[PDB]
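This report concerns only the one structure given below.
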Amino acid sequence: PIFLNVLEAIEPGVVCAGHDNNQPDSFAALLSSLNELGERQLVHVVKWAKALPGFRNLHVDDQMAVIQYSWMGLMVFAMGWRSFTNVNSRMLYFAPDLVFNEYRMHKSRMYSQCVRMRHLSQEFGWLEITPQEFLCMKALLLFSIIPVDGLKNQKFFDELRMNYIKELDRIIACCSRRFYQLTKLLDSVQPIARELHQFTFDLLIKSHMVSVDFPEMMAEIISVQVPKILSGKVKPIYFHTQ
Ligand SMILES: C[C@]12CCC(=O)C[C@@H]1CC[C@@H]1[C@@H]2CC[C@]2(C)[C@@H](O)CC[C@@H]12
């Protein structure tokens, strides 16, 4: 099973946020470290994506675009999986050095978005998601958000997305209900990503007022690509009609 060999081989390892756990759990300190984590993870997501089967057949401009649109969903989904494996159902394992308890969820001012992420994390348990299913679903998430006006080569994108969907099907077949369940879970990622897109955008705009630092790559993607999602120029592809 070449496809699963590849997905297991390229899966990124542990990334630390570099958070100073010695300081108080302030809004500014927590969100600055989440931003730093995001910047560090993005480096890993790019290297991961470029090594996926068939990814290099996209036009190079579309390679950059799909990563810049899908990162939030991808990172939230991977975070749910590691939370599921590592911490209890009340906590979120963003990184080994940045674990949110209930107090930090409140102080981050993201309590309601955190509730949704905890629920996503728990679904991995409720649905008994295997590591193989997790890997195939995470790969599909990279191909689940695109411009309404289309990518440079929309045709190659649609064929690649089709091949990832068939891969998920094959992994299940080793049923109809299972495919239904997994596609419903994938769709559930998108409304969570949208709330976080909204939150991070609003925060970048007032970042100097509230003393939150945004690293360079994050500030660029949040001011350039995230507003296209929020204005509806780039939209998630749902399996089921929303
Ligand atoms: C993707 C990250 C960081 C990586 C991860 O584990 C998931 C997590 C989800 C919340 C994001 C965060 C990056 C920084 C963001 C975008 C903040 O600006 C507000 C919400 C944060």
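Just so you know, residue 1 is the first one in the sequence shown, and it goes up from there. The header says X-ray crystallography, 1.7 Å. Any value given below was found using the heavy atoms of this structure, including those in side chains, with hydrogens, waters and symmetry copies removed. First listed ligand is number 1; within each ligand, the first listed atom is number 1.
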- [ ] Specify the drug or drug candidate at ligand 1.
- [x] dihydrotestosterone
- [ ] List the chief contact partner of dihydrotestosterone (ligand 1) in this entry, with the name from the PDB entry.
- [x] Androgen receptor
- [ ] Write out the binding site of dihydrotestosterone (ligand 1) as chain and residue number, heavy atoms closer than 4.0 Å.
- [x] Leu31, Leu34, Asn35, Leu37, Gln41, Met72, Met75, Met79, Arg82, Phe94, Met110, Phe199, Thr200, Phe214, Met218
Task: Identity and distance of the protein heavy atom lying nearest atom 4 (C) of dihydrotestosterone (ligand 1) - done: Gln41 OE1, 3.7 Å
Task: Species of chain A (entry) - done: Homo sapiens
TODO: Evaluate the 4.0 Å heavy atom contact test for atom 1 (C) of dihydrotestosterone (ligand 1): does a protein atom fall under the cut-off?
DONE: yes
Task: Closest approach of any protein heavy atom to atom 13 (C) of dihydrotestosterone (ligand 1), naming residue and atom - done: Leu34 O, 3.4 Å
Open item on the list: Could you check which UniProt domain of chain A holds most residues near dihydrotestosterone (ligand 1)? Thanks!
Closed with: NR LBD
TODO: Starting from atom 6 (O) of dihydrotestosterone (ligand 1), locate the nearest protein heavy atom and write down its residue, its atom name and how far away it is, to 0.1 Å.
DONE: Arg82 NH2, 2.9 Å
- [ ] Specify the protein heavy atom at minimum distance from atom 20 (C) of dihydrotestosterone (ligand 1): its residue, its atom name, and the distance to 0.1 Å.
- [x] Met110 SD, 3.9 Å
Open item on the list: For atom 15 (C) of dihydrotestosterone (ligand 1), what is the closest protein heavy atom, and at what distance to 0.1 Å?
Closed with: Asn35 OD1, 3.8 Å
Open item on the list: Okay, covalent or not for dihydrotestosterone (ligand 1)? And if covalent, which residue and atom?
Closed with: none
Open item on the list: I'm curious how dihydrotestosterone (ligand 1) sits relative to the natural ligand site. Which residues UniProt lists as binding 17beta-hydroxy-5alpha-androstan-3-one in chain A have a heavy atom closer than 4.0 Å to it?
Closed with: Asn35, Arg82, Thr200
- [ ] Please determine if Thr200 has a nitrogen or oxygen closer than 3.5 Å to a nitrogen or oxygen of dihydrotestosterone (ligand 1).
- [x] yes
Task: Closest approach of any protein heavy atom to atom 11 (C) of dihydrotestosterone (ligand 1), naming residue and atom - done: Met72 SD, 4.3 Å
